[PDB]
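Okay, so here's the structure we're looking at.
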Amino acid sequence: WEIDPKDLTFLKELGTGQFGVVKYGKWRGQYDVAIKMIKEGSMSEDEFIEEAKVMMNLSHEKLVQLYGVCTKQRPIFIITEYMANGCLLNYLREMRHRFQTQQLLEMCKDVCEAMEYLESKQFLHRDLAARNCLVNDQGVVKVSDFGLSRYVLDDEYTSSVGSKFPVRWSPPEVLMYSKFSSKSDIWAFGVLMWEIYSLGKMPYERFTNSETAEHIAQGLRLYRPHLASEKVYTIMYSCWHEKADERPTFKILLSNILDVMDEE
Ligand SMILES: COc1ccc(F)cc1C(=O)NCc1ccc(-c2nn([C@@H](C)C(F)(F)F)c(N)c2C(N)=O)cc1
């Protein structure tokens, strides 16, 4: 799990975010990697380092691989698979100019495969959204930052009443009782399908976070994006049953997605 910084070559800065600056580089001069230089005070570093091996064991082709950490310096670096097309949210917005609707369903299938694998390990993502998915050079969407919110220090992001909490991707039991489960990741997956079919629009854009929480509690749900067929909308809507036990599993969503692919 411990990578020697001597083996990294830094080649270009890709951007920055909540948890630090990201650079593209090579490991041992040969293998592409992305390197995130963790923002001081943003994460519970000792706890993340001890459990970096846990996340490194989650190996599925549709999960962005965590390769290791560099911890013998400040700041700590997190080394991952390089995703040349960057975050899915921005990539959807760029796609508006040139795309086939069948590509949208393939993106949903990629994320659903990763989530079925996490579900099989009873591993909660806790913040599934287009901004936490990445896209590689071949247009494959993969899920990233799985389980990271448990190590975030800022309560504005982790608390269900924090200004920065992902309210628009949360079911009623998370907003009210902070009750996370595989079924809250299912709800967020339905919102992510809506983000894909809306080419990166913000969910519930006319409403504030507090209004959105009330809207959801009243049973109101996102509309069908015009690119989604009624069969696709039925799948995303199935993620939004008020009762968590009524929502499907990722194995069921994957089969439904594969049925629509085989039919349309
Ligand atoms: C799989 O990783 C994890 C799994 C579990 C967990 F709990 C935490 C992590 C984690 O912290 N990973 C560190 C990391 C995260 C995202 C990028 C990245 N970001 N971006 C862009 C948006 C940008 F703009 F930031 F560069 C890429 N293209 C990136 C790229 N990989 O090409 C790089 C490294």
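Quick note: numbers on chain A are straight from the PDB entry, i.e. 395-658, in order. Side-chain atoms are counted along with the backbone in the values below, which use heavy atoms only and exclude waters and symmetry mates. Indexing begins at 1, ligand by ligand and atom by atom, following the structure's order.
Out of verapamil, dabrafenib, dexverapamil, pirtobrutinib, the drug or drug candidate placed at ligand 1 is pirtobrutinib. Counting heavy-atom pairs under 4.5 Å, the chain with the most contacts to pirtobrutinib (ligand 1) is listed in UniProt as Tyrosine-protein kinase BTK. The proximity of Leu528 to pirtobrutinib (ligand 1), defined as any non-hydrogen pair under 4.0 Å, is limited to the side chain.
Contacts of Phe442 with pirtobrutinib (ligand 1), taken as heavy-atom pairs under 4.0 Å, involve the side chain alone. Distances from atom 15 (C) of pirtobrutinib (ligand 1) to the heavy atoms of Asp539, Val463, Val415 show the closest one on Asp539. For atom 24 (F) of pirtobrutinib (ligand 1), the nearest protein heavy atom (residue, atom name, distance) is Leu408 O, 3.6 Å. The source field of the entry for chain A reads Homo sapiens. Of all dasatinib-binding residues UniProt records in chain A, the ones placing a non-hydrogen atom under 4.0 Å from pirtobrutinib (ligand 1) are as follows: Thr474, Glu475, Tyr476, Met477.
Listed by number with element, the atoms of pirtobrutinib (ligand 1) under 4.0 angstrom from any heavy atom of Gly480 are 28 (N).
Checking the UniProt active-site residues of chain A against pirtobrutinib (ligand 1), the nearest by heavy atoms (to 1 Å) is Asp521, 10 Å. Per UniProt, most contacting residues of chain A around pirtobrutinib (ligand 1) lie in the domain Protein kinase. In chain A, the residues that UniProt lists as binding clofedanol and that have a heavy atom under 4.0 Å from pirtobrutinib (ligand 1) are these: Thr474, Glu475, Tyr476, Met477, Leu542.
Nearest protein heavy-atom contact of atom 1 (C) of pirtobrutinib (ligand 1) is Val458 O, 3.1 Å. For pirtobrutinib (ligand 1), the residues with any heavy atom closer than 4.0 Å are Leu408, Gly409, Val416, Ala428, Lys430, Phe442, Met449, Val458, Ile472, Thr474, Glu475, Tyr476, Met477, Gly480, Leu528, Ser538, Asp539, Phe540, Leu542.
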